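In this PDB entry you will find fluoxetine.
Along the sequence shown, residues are numbered consecutively beginning with 1. Note that ligands are numbered from 1 as they come in the structure, with each ligand's atoms numbered from 1 the same way. Computed over heavy atoms, backbone and side chain alike; hydrogens, waters and symmetry mates excluded.
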Amino acid sequence: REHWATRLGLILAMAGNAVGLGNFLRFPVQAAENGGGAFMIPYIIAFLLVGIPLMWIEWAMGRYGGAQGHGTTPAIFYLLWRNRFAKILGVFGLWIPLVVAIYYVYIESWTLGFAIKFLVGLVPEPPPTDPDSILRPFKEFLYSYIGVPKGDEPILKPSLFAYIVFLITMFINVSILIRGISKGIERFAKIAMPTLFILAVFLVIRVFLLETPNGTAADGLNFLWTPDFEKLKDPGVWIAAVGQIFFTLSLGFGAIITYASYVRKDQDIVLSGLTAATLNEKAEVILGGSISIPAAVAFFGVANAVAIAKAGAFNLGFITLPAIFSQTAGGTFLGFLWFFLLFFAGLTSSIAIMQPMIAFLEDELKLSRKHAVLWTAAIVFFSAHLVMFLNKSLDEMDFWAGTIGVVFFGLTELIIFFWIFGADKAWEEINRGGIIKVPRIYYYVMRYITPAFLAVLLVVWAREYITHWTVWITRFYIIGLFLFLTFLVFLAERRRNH
Ligand SMILES: CNCC[C@@H](Oc1ccc(C(F)(F)F)cc1)c1ccccc1
Ligand SMILES: CC(C)C[C@H](N)C(=O)O
Ligand code: NA
Ligand code: NA
């Protein structure tokens, strides 16, 4: 089995897995919609009671599987629980990252396309201070790129440029993945993470120097880091925070598990796991939180920035921020550095959610790396045409896989590892080879607090929160993908028989 060459390259590959579009795009929008600092308390508690323990569980399950030659959950679940239902439940750890990949790689492709155009200066020109006259050209710029419907039909029409950039983005993902774990993912991470970090720091400094009659960047930081204890009674904030924690740390995606299955059976996962998780949180609360919101607040004030963050999820990052930047000398270039940052952040993450399917084909169906990567790219590429051409298909996939799926799957992998396999075996498996030991309090968190936390959350979700007819096209398609992956698991157990 392939293994990570260096401890550092492992940390950075895992950090790269976690540090992505979620830190710079999803987090600020989530924090601004939910009272800024009112969001941060549940977010921290979620990190301590959900984020940390599940990260340790997923590293453990991964290393455990990999030692027996299996990198994915259909098989790993079966090792921990010798039951046919374990294999079926394990299909979600191929389904979730695959469905997520289908839309995530497309959003990643936008950032590349915007980087190219912002570098070459093919950008909208606002007139030489009326906000709507400055924002609109950048709105139209995004709308033409992705092809937002102009009438009644729920159909998108991406520009020719957007389509070819998607193709290039796929080609780039493939070229990294085809070289494997040490020479591909690890090598790229060593280049990509330092670049990503430097670009983000530069932008944070640049944003910190912004001031208008409407405000400063520091008003954005005060909005984000000032608690509201009255909001702590609102369950919506808690549901939002926990969802962000999952998405941001790549928990419940089978992506951490798979990367961990290339950690040698002896090697530490406790300190490594905690460091990768902590690097992500820095890049999210310090770097990601410091760019978009403070810049929006400076130029528009708090209440306008909140309203912008509620307008959509891509309004802030693809419209508002580059619009703001265009009002400053060297702004088109500053736009380029932002989108380049986003591209590298997306790229290190999307290779993490394509690798589970690659690992399944190699481990269970015995395809070569080349064939496994090429077929995985073909399924993502083909499937992506749904997200590219059907309005709100992205939202449907992001809901079922990226939102509901991950929490369900997190609770499931915890029940399988810590309740069925055995709480004492699991704990032994986590700490085995550890540089540091996991605090004793976390045994009771993992066994009782985390699962009760998530079960209560999911109860309120499917009873107090659960559209156009076209959402059924996407549901149909992704259900079919699940059935298809079930077929492959079936074929894998048959190959093992013969
Ligand atoms: C609860 N979250 C809001 C839904 C939001 O989803 C996403 C938000 C951000 C990302 C990103 F991080 F960019 F990858 C991916 C998906 C979304 C999806 C499609 C359109 C608009 C918003
Ligand atoms: C799907 C995951 C790889 C997403 C990643 N953790 C992010 O925050 O962008
Ligand atoms: Na993240
Ligand atoms: Na990343």
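The location of fluoxetine, copies and all, is ligand 1. The chain sharing the greatest contact count with fluoxetine is, according to the PDB entry, Transporter. Less than 4.0 angstrom separates some heavy atom of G22 from each of these atoms of fluoxetine: 12 (F).
At the top of the distance list for atom 8 (C) of fluoxetine, counting protein heavy atoms only, stands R26 CG, 4.0 Å. Both the backbone and the side chain of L21 come within contact range of fluoxetine, each with a heavy atom under 4.0 Å. Fluoxetine does not have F24 within reach: every non-hydrogen atom of the residue lies 4.0 Å or more from it.
Close approach of fluoxetine to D395 is summarised as follows: ligand atoms under 4.0 Å from at least one heavy atom of the residue are 19 (C), 20 (C), 21 (C).
An N or O contact shorter than 3.5 Å links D398 to fluoxetine by distance.
Applying the 4.0 Å criterion to heavy atoms of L394 picks out, from fluoxetine, the atoms 18 (C), 19 (C).
Less than 4.0 angstrom separates some heavy atom of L25 from each of these atoms of fluoxetine: 13 (F).
Using a 4.0 Å cutoff on heavy atoms, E108 does not count as a contact of fluoxetine. Near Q30, with a cut-off below 4.0 Å to any heavy atom, the atoms of fluoxetine are 1 (C), 2 (N). Residue, atom and distance of the protein heavy atom nearest to atom 15 (C) of fluoxetine are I107 CD1, 3.9 Å. Residue contacts with fluoxetine for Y104 involve side-chain atoms from C-beta outward but no N, CA, C or O (heavy atoms, distance under 4.0 Å). Using a 4.0 Å cut-off to heavy atoms of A313, the atoms of fluoxetine that qualify are 5 (C), 17 (C), 21 (C), 22 (C).
The heavy-atom binding site of fluoxetine at 4.0 Å consists of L21, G22, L25, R26, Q30, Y104, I107, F247, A313, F314, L394, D395, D398.
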May I have the N/O to N/O pairs between fluoxetine and the protein that fall below 3.5 Å, each with atom names and distance to one decimal?
residue	atom	partner	partner atom	Å
fluoxetine	6 (O)	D398	OD2	3.2

